[PDB]
Structures are given as structure tokens and as C-alpha cells.
> 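Quick one: the structure is below, and I'll ask about it shortly.
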Amino acid sequence: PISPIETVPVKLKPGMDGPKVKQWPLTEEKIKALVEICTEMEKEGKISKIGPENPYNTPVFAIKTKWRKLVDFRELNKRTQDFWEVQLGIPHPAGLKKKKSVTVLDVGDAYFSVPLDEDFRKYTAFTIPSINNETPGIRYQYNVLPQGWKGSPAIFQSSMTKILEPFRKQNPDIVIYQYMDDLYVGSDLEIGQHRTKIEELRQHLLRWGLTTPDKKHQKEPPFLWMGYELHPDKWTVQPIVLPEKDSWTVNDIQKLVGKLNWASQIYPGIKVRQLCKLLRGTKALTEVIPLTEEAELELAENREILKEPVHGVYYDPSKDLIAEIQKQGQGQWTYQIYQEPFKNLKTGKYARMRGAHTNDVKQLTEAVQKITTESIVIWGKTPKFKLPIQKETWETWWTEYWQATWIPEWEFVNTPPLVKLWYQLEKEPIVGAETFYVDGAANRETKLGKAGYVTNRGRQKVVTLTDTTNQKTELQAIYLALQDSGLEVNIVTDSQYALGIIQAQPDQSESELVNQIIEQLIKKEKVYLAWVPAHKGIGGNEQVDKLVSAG
Amino acid sequence: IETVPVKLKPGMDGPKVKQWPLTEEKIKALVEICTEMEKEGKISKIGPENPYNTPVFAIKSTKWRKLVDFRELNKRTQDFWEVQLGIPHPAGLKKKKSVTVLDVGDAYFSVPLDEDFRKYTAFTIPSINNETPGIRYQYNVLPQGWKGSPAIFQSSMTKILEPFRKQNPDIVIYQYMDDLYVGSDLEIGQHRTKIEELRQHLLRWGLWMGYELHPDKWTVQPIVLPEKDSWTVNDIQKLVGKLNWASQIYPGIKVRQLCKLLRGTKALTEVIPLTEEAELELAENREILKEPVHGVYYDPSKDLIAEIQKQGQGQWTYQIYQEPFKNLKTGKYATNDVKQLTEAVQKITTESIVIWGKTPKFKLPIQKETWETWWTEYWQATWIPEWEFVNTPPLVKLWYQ
Ligand SMILES: Cc1cc(C#N)cc(C)c1Oc1nc(Nc2ccc(C#N)cc2)nc(N)c1Br
């Protein structure tokens with residue numbers, strides 16, 4: 001049928017006229033098939049014949065099985081107004097409430113069942129060519145949503161939403177999820193009281209031009225839905241098989257990380273890092289990558305987790321969400337979110353370096369922030385966290401750090417490894433500690449550098465480096481003070497950059513140097529680090545600067 | 001009435017801005033509110049043929065109020081609300097003893113909006129877990145939040161205030177977005193009595209910061225140089241850096257003398273005694289830094305930018321400037337970081353409006369996502385300034401108190 005629902009106005013893009021594409025001459029097979037498909041559509045009101053006054057055209061093709069009309073709306077789409085995105089996201093099983101019985105209905109010839117704005121129909125005109133293009137073709141245009149047109153998806157969904165509006169009001173108990181041609185219906189009614197309410201809907205949809213399949217052509221649990229396996233009072237992910245392969249191609253690793261990644265929504269502690277490292281370096285999709293020990297190490301740990309099935313629970317809007325995070329390695333965090341202890345709603349992982357250097361405490365907060373947004377999306381509320389960091393470690397960090405950081409309701413849970421800052425810089429200079437005025441120069445053109453220091457106890461060292469920048473040198477100069485120095489040291493520098501890095505208490509870096517420097521700072525008992533302006537003739541800055549200025 | 005035609009006009013197309021996620025309770029508040037607004041004919045459901053979108057949130061004391069982010073729309077309508085229907089800003093306003101901010105946005109709900117503009121005021125209430133498709137509306141009447149609304153209404157705003165202004169000629173009244181700024185050198189009870197008087201004019205016709213503001217009490221925070229009995233090498237270095245930085249904003253600063261003080265390669269802990277001239281310089285700089293910057297003037301054609309630094313222990317510092325480091329006002333503000341930060345942001349923006357008739361672009365020391373998640377929780381204004389996220393370079397922190 002063709003819903004009675006009022007149409008949606010549509011318009012071409014402002015500076016644009018409708019398309020006038022040439023119909024390439026077709027083969028007779030195809031001519032015949034089109035004529036055939038077109039009469040039948042014509043007979044159900046889907047298309048109407050038109051004259052040669054209508055000056056718009058699009059191409060038509062037919063592919064085989066049995067014949068199918070393919071129209072090419074490349075031009076009309078490029079030429080038609082933009083629209084609002086259909087759906088802004090896809091529900092997550094963790095967010096769903098449990099249901100006693102569910103039914104999945106499929107709408108038949110969905111687009112062809114919804115009318116096209118009269119004013120717009122003109123532009124959909126297309127032409128069945130005559131054998132060898134001797135004579136005028138047959139011209140038709142659409143009276144309904146065509147397949148492949150830019151507007152069909154959106155307009156269908158609005159239409160369907162308008163059509164459902166009343167029925168939902170009338171049936172607050174029941175729930176319906178609209179995606180594409182499909183409707184997904186559920187209730188906590190018992191199988192016969194449900195089945196009736198399905199019917200009121202099916203009739204309801206017919207009353208509006210939308211047909212569906214008959215009272216015993218409809219599924220029973222478990223439902224397979226958007227890669228999930230949905231059961232009435234639980235859910236998990238469609239079944240994951242990790243291949244046994246003696247040889248792994250890029251493509252094979254790519255797809256595996258995909259599956260593992262997908263798997264991590266419910267299986268705790270999936271890790272994918274060492275597998276992803278294999279993917280660095282642009283290699284062919286068919287190139288075989290030797291597994292490293294650590295990737296192999298990882299691949300088995302994943303297999304253990306997967307061997308026995310895991311399921312997740314649905315959401316209960318009366319209880320609170322509790323979210324736990326654990327550190328599962330360097331840069332690797334894993335979390336689980338639940339409402340009753342260990343009945344997991346969902347699971348997941350975070351492993352993201354923001355910037356160049358970072359510390360566990362920062363990472364934990366980034367992780368909290370990610371889960372917080374994620375919960376707003378799925379449950380409309382944020383959780384209570386259960387973090388592996390002492391309140392006092394957290395207190396120390398936030399107050400003395402210069403970025404604003406804030407995490408909501410939480411508690412320390414003792415689930416090691418614990419988050420800790422591994423060194424803290426002093427706040428005041430250290431008496432009876434040597435003072436290293438450090439510096440670094442680099443010729444911008446030879447790229448040689450010089451890294452050095454001078455001290456208040458007389459020492460002077462000045463090494464020579466090769467292909468490095470000003471930045472690297474002023475960092476090599478700090479590494480040096482920390483190597484040659486004792487357990488307590490004061491270190492003075494003119495680089496704001498170096499200060500930056502280090503003042504932030506990194507414990508992880510993308511620089512090998514900074515990782516050397518971190519090692520050193522962990523060994524010290526005390527460090528104090530101070531800054532002065534370059535080239536201002538300062539006591540001691542001036543002296544290292546001379547020593548370091550050849551090249 | 002008949003509706004003022006509006007235009008974006010060239011090849012700026014309207015706003016297509018994602019809707020940030022909202023908590024269950026905010027969403028509810030929003031449907032409760034928008035069912036009424038539809039009822040009263042203020043907004044209408046729209047269909048998919050409207051590709052435009054502007055984000056909305058809800059805010060609070062006891063009732064929820066709806067707030068819409070027209071930041072983009074404002075940006076893309078600039079020629080109309082600024083050059084084609086400008087509201088001049090009075091310089092007099094900061095000079096007043098007491099300024100009171102009054103919400104008048106409920107006025108704009110009476111004027112209708114140019115039918116061919118409405119499409120651009122589209123917003124979406126979204127749904128938990130993406131279960132439903134999310135209710136789409138658009139404005140039929142002037143919206144609160146869009147700088148076009150007071151542009152249109154000023155013709156009306158002027159008639160309403162005519163008598164009050166005629167009878168109170170030393171009271172200065174300024175309109176920024178949904179608010180009226182009302183300034184007097186009156187005594188407070190009088191200032192306050194005149195405010196009630198003003199409210200009643202409005203009531204026929206249809207209608208952090210504590211209470212009023214006090215712009216004549218708005219002195220900049222000097223860069224402050226510790227006074228010290230005793231000086232260490234460290235302390236001088238800190239002092240030299242802190243002055244050497246100040247030199248590049250303040251004309252007249254000198255350090256020479258203290259650099260003398262730092263002669264050799266010495267220990268930081270080592271103390272070093274104040275010179276004749278060294279001391280002389282210090283107090284001479286102290287003097288410069290107290291008085292504002294010589295050379296820096298507001299250019300209305302450049303954007304105002306605002307930096308903020310977390311000073312620890314509930315304290316924040318801030319600077320407004322157009323060209324970097326050339327400060328036009330510097331300041332200070334005094335239970336959790338984000339809350340405090342959003343208060344400072346509102347404070348700084350409020351002053352900024354009083355002084356220049358324009359909001360600053362903020363450089364916020366916080367992770368984007370933290371901020372986006374949490375800002376709406378404490379926010380209480382009806383505008384939203386523009387903002388970017390930035391890492392506070394750790395010295396600038398130090399150079400401001
Ligand atoms: C009803 C339904 C079925 C399928 C499908 N397929 C997919 C979706 C998104 C569905 O919508 C919802 N389902 C549920 N819970 C739920 C509970 C059990 C089962 C099962 N078995 C399925 C869904 N809650 C909702 N609010 C919505 Br909306």
C-alpha cells in the first residue's frame with residue numbers, strides 16, 4: 001500500500017536544478033525486465049507514466065536469481081537537500097531493561113509504502129529506452145520513496161515514528177525499537193496476552209499503509225541483534241571464534257583485533273595492545289606478520305577468557321551503577337560496570353595515550369572520564385566508581401597539579417596494582433645538595449648539539465651529541481645532571497619545555513630520553529627543579545651557556 | 001506583530017552541531033518544558049527535512065530552566081545582530097557604583113520570528129540509550145540565547161524603558177542578550193528601590209555574583225613581588241624571571257641590578273644580601289606593576305581572549321587581553337575544581353560584558369571532556385561564551401601570585 005500519512009516537503013539544493021542525465025541504451029533482456037517491473041509498480045501506484053514536457057531524467061539499469069531495477073540517483077542525491085541524520089546512535093544491550101517476551105516484525109516494501117512530496121516527484125523521472133534507442137522511451141516518475149535516494153531513509157523513519165506515536169501513548173507498557181525496515185517489540189506480558197497486542201499493532205500499521213508478515217512467521221529466543229545475542233533476562237555478543245592459524249596476515253590480525261575489541265564489551269580483561277603493535281608499519285593486507293612472544297602471550301590469555309561463555313545482565317533503573325577500574329599493564333585499563341556484585345551490565349577497556357608523556361594518576365582520570373560519558377549515554381546517569389588509588393594519592397595530585405581535574409563519587413578498592421605517583425619533586429631547594437646549572441645548544445644546520453652542566457661545587461661536563469634539536473639537548477642536559485649527581489640534587493634550567501614535562505610527574509613516555517630521565521628521578525631521594533630565563537647573564541646560566549656554545 | 005526579516009545572507013550555511021549527551025533528569029525536564037512551549041505556540045515539532053541543529057541543555061535553584069547553545073548560529077548571523085541592528089554599549093556603565101543584572105528573556109517569547117528563519121533554530125531532545133529517535137523542534141518566536149533576539153526587540157525595549165529613563169537620567173541601562181544591566185551611583189536602598197520601580201514598568205508589558213555588582217570597586221590584581229627580610233639565590237632567580245616576564249608587558253621595568261646580584265655559579269640555598277640600587281629597582285618596579293599597563297587599549301574589532309590559572313587551594317587568576325600578554329584587565333577569584341572554574345568563567349564573562357559589551361573567548365585549564373560533562377551542572381547564566389582547552393604553561397601560573 002502507500003500510507004496516507006502526509007508527505008514531507010523536499011527541495012533541491014539552493015543553487016541547483018534537477019538532473020538531466022542521459023539514459024544509456026540498454027540490452028533487450030534488460031529493456032524487457034524493466035518494462036515488466038515497471039508495469040507492476042505502475043499497477044500498485046508506485047510509479048506513474050509521464051510525458052516529454054517533464055525535462056528531468058535519471059538512469060535505470062537492471063541486474064540479475066531474477067531481475068531487479070537499479071536506479072542511479074548519483075546526480076539527484078548530489079543535487080538534493082541535506083537532511084537530518086536518522087539515528088544519532090544505537091542502543092546498548094547494557095542499557096536495555098529485561099523482557100518476558102519479544103517479537104521482531106519486518107516491514108514489507110518499506111520505502112515503496114511511503115509517499116513522496118508531490119512537488120518533488122517530477123525530479124525522479126526516469127526512462128525505459130526502446131530497442132537500440134530508435135524511438136521515444138516510456139517515462140515514469142515516482143509517487144513514493146525511491147530506493148537509493150538520499151531522502152528515503154530519513155523520511156521513512158519520520159513517517160514511521162509519526163505512525164507509531166499514537167500506539168505508544170496508547171500502550172505505555174510495551175516497547176518498540178525502530179531500526180530501518182524492522183521493528184523490535186517487547187513486553188513483560190505472557191505469550192498470549194502479548195501476541196494479541198502485537199496484533200493491535202500490525203492492524204495499526206496496516207491502517208497506515210504498512211504491511212508486515214503473518215501471525216506465525218516471527219522468531220523465538222535467543223534474538224541476534226546488531227552483533228549481540230539477546231535473551232530475555234541476559235545478553236552477550238554473537239559468537240566469537242578466534243582462528244587457529246600458523247600464518248597471520250595483516251588482514252587476519254586486523255579482523256582479530258576487531259573481534260577481540262567487540263568481545264571486550266562483556267568479556268573482562270581482553271587485551272589487544274601487543275597485537276596492535278604488529279600493525280605499525282604500512283604492510284600489504286596479505287603480508288604475513290610473525291607473531292612476537294608478547295603478542296603470542298597475549299593471544300592465549302584472550303583465548304582463556306573466551307573458552308567458556310560470558311553473559312551480561314540488563315539494567316534496573318531502581319539500583320545504582322558501580323563502576324570498577326583495574327590497571328592491567330602499561331597504558332592498559334579494564335573496567336566492569338554492574339549493579340549487584342559481579343552481575344556485570346557491561347565490561348570494557350581504555351588504553352589511550354593523550355599527549356606525549358603521562359602518569360598513572362592522569363590516566364586513571366581519563367579512564368574515569370570516558371566511562372562517565374559512556375554511562376550518560378547508556379543509562380542517563382553516572383556511576384559510583386571503585387578505583388585502585390588511595391584517596392590520599394589522589395588528593396596530593398589534584399591540589400598540586402595545575403589542570404582542573406574532578407572525579408565524581410568514588411572509593412578506593414584495594415585491587416593491585418595500585419595507582420601511585422612514583423616520585424615527587426621538591427617544593428623548595430635542598431640544602432647540602434649540589435646545584436647543577438644545565439644547558440643545551442644545537443646548530444640548526446649541522447644538527448650537532450652540545451649538552452652540559454656546571455655546578456656550585458665546581459664540576460663541569462660537556463658532552464657532544466649528534467643529529468638532535470634544541471629540545472633534545474636541554475633534556476640530555478638534565479639526564480646528565482641526574483646521572484652524575486647524588487641522591488639529592490637541585491637542577492636549574494632555561495627551558496620551559498623541559499620543566500613542563502618533568503613538573504607534570506610523568507611516569508610513561510613516547511621519548512626514550514624522557515624514559516631515561518624518569519628512571520633517574522625514581523632513584524633519587526630528592527630533586528628540586530628551577531627555571532631561569534636564557535641569555536640574561538645569570539649566575540651560572542651564563543657559565544654553562546659559554547661551555548656549550550661551540551657548534 | 002509583523003516579523004523582522006532576517007538573513008545569514010552569503011555562503012555561511014546554518015548550524016549543524018551535535019547534541020551532547022544529557023542525564024535522565026535533564027532530558028525529562030526538557031520534555032516537560034517543551035510540551036508547554038509547543039502548547040503555547042512558541043516552538044513546533046519539525047520533520048527530517050530540517051538538517052540544522054543546535055544543542056540544548058537544562059540548568060537550575062528549585063525549577064529547571066532550558067538553555068540553548070546558539071553559539072554557532074550567533075556566529076553565522078554576526079552581520080545582522082552586530083552591524084545591521086547593533087545595540088551600542090555605554091562606556092558609562094563600568095563607572096557606576098552599583099549594577100544590577102535582570103533577566104528579561106521572557107519578553108522575546110511575545111515577538112514572532114521570521115518564518116523563513118525558523119528552520120535554523122532547530123534542536124533535539126535526545127533519549128536514553130538511543131532507544132527512541134529524539135524529539136525535534138524549532139522556534140516559532142524569538143529565542144532566548146540568540147543574539148538576534150535583543151537585536152529585534154530593541155525597538156520594543158526602548159519604548160518600555162522611555163519613561164524610566166526620562167525620569168532617571170543618571171541611571172544607565174544596557175541590554176545584553178537575555179539580560180538588562182542597570183547602573184546607578186545611587187545609595188543601595190535607593191538603587192535597590194529603583195530596581196523594583198524598574199521591574200514594575202516591565203511587569204506591565206510582560207515580565208558567585210551575590211546580588212548587584214560594583215564596577216567602581218574593580219581594581220586589577222597587581223603582579224606582586226614578595227617583600228623579604230632575607231633573600232636566597234633561588235628567591236632572586238624567581239624574582240628575575242618574574243620581572244623579566246613582566247618587562248614584556250610593562251614598559252619601564254628594569255632587572256640589571258639583580259642580575260648583578262647573581263655573580264658566579266652558586267648554590268640556590270645560599271643567601272645573598274640586598275644592594276643599594278637592587279633594593280631601589282625593586283620598589284621602582286613594585287610601583288609600575290600596581291598601575292595598569294601603559295600602551296594597551298581596547299580595539300573593538302579584535303576578539304577578547306581570557307586566560308585562567310588554577311592557583312591551588314580554591315584560588316584562580318585570570319587575564320583578559322586581545323594581543324597576547326598585553327593585558328586589559330587581570331584578576332582573581334575565590335567546593336570542586338569544575339564548579340569553581342565555571343563560577344570564574346561566569347564572573348569573568350559578566351565583567352567583560354559590563355566593560356566592553358562583549359564576551360571573551362576562554363582558554364580553559366581542563367580536559368575538554370571533563371568540562372563538557374560537568375559544565376552544565378553549576379552553570380547559571382543564560383549566555384555561553386566561546387571556549388577552548390589549553391594546558392597552562394607552569395611558569396605563567398607562577399608569575400601571577
Ligand atoms: C525490544 C527489542 C528487541 C530487540 C531484538 N532483537 C532489540 C531491541 C533494541 C529491542 O528494544 C528493547 N529491548 C529491551 N530489552 C530487551 C530484553 C530482552 C530481549 C531479548 N531476548 C530483547 C530486548 N529494552 C528496551 N527498552 C528496548 Br527499546
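Just so it is clear: chains get the letters A, B, ... in the order the sequence lines come, proteins before strands, and each one is counted from 1. Remember, it's 1-based here, ligands and their atoms both numbered in the order they're listed.
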> What is the identity of the drug or drug candidate at ligand 1?
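It is the drug etravirine.
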> Per the PDB entry, what is the name of the chain that shares the largest number of close contacts with etravirine?
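By the greatest number of contacts, it's Reverse transcriptase/ribonuclease H.
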> Other chains near etravirine with a heavy-atom separation under 4.0 Å: which ones?
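Going by heavy atoms, that would be A, B.
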> Just wondering, how does the entry name chain B?
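Per the PDB entry: p51 RT.
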> I'd love to know the binding site of etravirine - heavy atoms within 4.0 Å, chain and number please.
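Counting heavy atoms, it is made of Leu96(A), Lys97(A), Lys98(A), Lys99(A), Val102(A), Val175(A), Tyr177(A), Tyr184(A), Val185(A), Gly186(A), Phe223(A), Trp225(A), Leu230(A), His231(A), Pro232(A), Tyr314(A), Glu131(B).
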